[PDB]
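Meropenem (bound form) bound to Beta-lactamase OXA-23.
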Amino acid sequence: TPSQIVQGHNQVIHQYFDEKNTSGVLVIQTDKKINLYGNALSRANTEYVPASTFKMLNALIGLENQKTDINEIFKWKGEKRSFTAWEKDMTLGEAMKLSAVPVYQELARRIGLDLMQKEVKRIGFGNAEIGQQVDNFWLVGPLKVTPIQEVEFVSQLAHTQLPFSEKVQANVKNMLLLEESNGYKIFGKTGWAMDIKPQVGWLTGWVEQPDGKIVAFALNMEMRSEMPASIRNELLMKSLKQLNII
Ligand SMILES: *C(=O)[C@@H]([C@@H]1NC(C(=O)O)=C(S[C@@H]2CN[C@H](C(=O)N(C)C)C2)[C@@H]1C)[C@@H](C)O
């Protein structure tokens, strides 16, 4: 009789990251319990630049402090942008889904260095340090955050427990809906810091199950320039299915 290799979700999600030849962690939180999966669990308590995941908090601060509103159309004023898809007028929510950093640079500048630093420290996001450059502090340092801190943050958003008004949290949640099917909803925000070394990739968000239960996640992995951006979505969705969260 031969032996059988028996592999549960822990081994499988470790091997999903090995197959991409990169280092990654998936942090899960539900019912105030956090579990770690992937091939690089020490990443879960390591600080990384948040990159575009910071747009969730930029939006909360800008809406709370009435620097913008959910219907405002941010105009494309004519500079060549990183992607043609960004060369259009769009709302905060559209810019969230596209990760359109020039819209959120305009918003960060309206908020201003002083209010932004005070608000980031009030929330206590990551190392709460934004330095002197108001338009890139989430992209190239000095702001850094761990994957565990991101899962705690996004779980609070999902539960309307951040220290912001309930309407502002509801409105930002609505900007983050990625998919709905069969009574499940997936909400989340991607990020990819391409301008530092090592590059960092994120996908932070939560699943709302058909009975209303919230399962939050933070995927964090080392990226390289030849990977498709969808590698993050692929690894997340395969892992969530292995975990029977979807
Ligand atoms: C934020 O982290 C950066 C941007 N965020 C992402 C991302 O995480 O997906 C990208 S790539 C972006 C995704 N949607 C566009 C697309 O796929 N096409 C138009 C083809 C591009 C950026 C690196 C950064 C800009 O701050």
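One-based numbering along the sequence shown. Quick check of the header: X-ray crystallography, 1.6 Å. Start at 1 and go down the list; that is how both ligands and their atoms are numbered. Keep in mind that the numbers below use all heavy atoms, side chains included, and drop hydrogens, waters and symmetry copies.
There is a protein heavy atom less than 4.0 angstrom from atom 2 (O) of meropenem (bound form). Both the backbone and the side chain of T190 come within contact range of meropenem (bound form), each with a heavy atom under 4.0 Å.
Remark: meropenem (bound form) atoms within the under-4.0 Å shell around heavy atoms of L139 are 26 (O).
Among all UniProt-designated active-site residues of chain A, the one at the smallest non-hydrogen distance from meropenem (bound form), rounded to 1 Å, is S52, 1 Å. Residue contact check: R232 has heavy atoms under 4.0 Å from atoms 7 (C), 8 (O), 9 (O) of meropenem (bound form). Using a 4.0 angstrom heavy-atom cutoff, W202 does not count as in contact with meropenem (bound form). When distances from atom 19 (C) of meropenem (bound form) to the protein are checked, a heavy atom turns up under 4.0 Å. Which parts of meropenem (bound form) touch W86 is read off a 4.0 Å heavy-atom cut-off, strictly below it: atoms 25 (C). Close approach to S99 involves these atoms of meropenem (bound form), each under 4.0 Å from a residue heavy atom: 4 (C), 5 (N), 6 (C), 7 (C). Examination of the model shows the covalent partner of meropenem (bound form) to be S52 OG. When distances from atom 7 (C) of meropenem (bound form) to the protein are checked, a heavy atom turns up under 4.0 Å.
Intersecting the UniProt beta-lactam-binding annotation for chain A with heavy-atom proximity to meropenem (bound form) (under 4.0 Å) gives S52, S99, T190, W192, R232. With a non-hydrogen cut-off of 4.0 Å, the residues around meropenem (bound form) amount to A51, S52, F83, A85, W86, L98, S99, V101, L139, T190, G191, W192, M194, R232.
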